[PDB]
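The structure described below contains sifuvirtide.
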Amino acid sequence: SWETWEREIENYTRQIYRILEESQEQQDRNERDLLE
Amino acid sequence: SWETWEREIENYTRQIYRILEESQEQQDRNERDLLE
Amino acid sequence: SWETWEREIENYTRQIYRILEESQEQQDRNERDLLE
Amino acid sequence: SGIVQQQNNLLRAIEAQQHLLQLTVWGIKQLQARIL
Amino acid sequence: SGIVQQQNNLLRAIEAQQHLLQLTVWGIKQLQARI
Amino acid sequence: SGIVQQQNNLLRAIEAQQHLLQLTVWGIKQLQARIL
């Protein structure tokens with residue numbers, strides 16, 4: 001029950017953080033490219 | 001009131017799954033438009 | 001800790017509602033600009 | 001149209017997820033009152 | 001392309017958040033049932 | 001510009017929602033520790 005729950009919570013949390021970092025880097029690139 | 005809560009959870013879950021499906025379809029269309 | 005949790009829920013909820021409001025204003029502007 | 005339409009799709013998804021999040025906060029507050 | 005790639009990023013974030021949200025719902029129902 | 005600015009707003013909303021999700025997980029873990 002809860003052991004698996006805590007594992008899944010940590011797995012998706014780690015994924016989200018990775019995706020948020022990648023998205024912030026893409027945001028930064030898109031905003032820079034705006035001025036080209 | 002938990003029964004009502006379950007019903008509102010079900011309803012919004014269905015709404016977001018529909019929105020995610022439309023979003024995936026649109027993402028595919030936008031990527032293919034750019035490639036093609 | 002629970003009194004602090006309740007205040008942090010409130011703080012982030014308020015922020016999200018302001019960002020969602022600004023995002024909707026931007027959606028509206030972007031759609032109008034597309035048309036012109 | 002496709003990029004701006006995808007912005008609207010993602011905005012609606014976040015809005016629906018915010019409704020779901022308010023529902024989970026209500027549910028936790030209901031348990032909190034009883035359990036402590 | 002940069003905008004579309006960013007949309008793909010945000011869509012995947014929202015999808016992963018939805019899985020997390022359904023895990024929190026499962027957790028609350030488990031505790032509701034106990035109480 | 002209006003599209004890139006809009007993506008920054010959607011990114012901010014998702015990030016704030018992630019904060020809220022971690023707060024809801026902390027609350028469920030607290031309640032679970034008190035019950036089981």
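Numbers restart at 1 for each chain; the letters A, B, ... are given by sequence-line order, proteins then strands. Per the header: X-ray crystallography, 1.8 Å. Computed over heavy atoms, backbone and side chain alike; hydrogens, waters and symmetry mates excluded.
Counting all copies, sifuvirtide can be found at chains A, B and C.
The chain that sifuvirtide (chain B) touches most here appears in the PDB entry under the name Envelope glycoprotein gp160.
For sifuvirtide (chain B), the other chains with a heavy atom below 4.5 Å are labelled D, E. Defined by non-hydrogen atoms within 4.5 Å, the binding site of sifuvirtide (chain B) is D/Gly2, D/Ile3, D/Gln5, D/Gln6, D/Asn9, D/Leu10, D/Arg12, D/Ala13, D/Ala16, D/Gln17, D/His19, D/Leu20, D/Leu23, D/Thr24, D/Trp26, D/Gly27, D/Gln30, D/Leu31, E/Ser1, E/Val4, E/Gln7, E/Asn8, E/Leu11, E/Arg12, E/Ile14, E/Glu15, E/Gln18, E/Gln22, E/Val25, E/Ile28, E/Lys29, E/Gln32. Residues of sifuvirtide (chain B) with a heavy atom under 4.5 Å from chain D: B/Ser1, B/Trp2, B/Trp5, B/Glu8, B/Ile9, B/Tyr12, B/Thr13, B/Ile16, B/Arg18, B/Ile19, B/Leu20, B/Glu22, B/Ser23, B/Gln26, B/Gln27, B/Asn30. According to the entry, the source organism of chain D is Human immunodeficiency virus 1.
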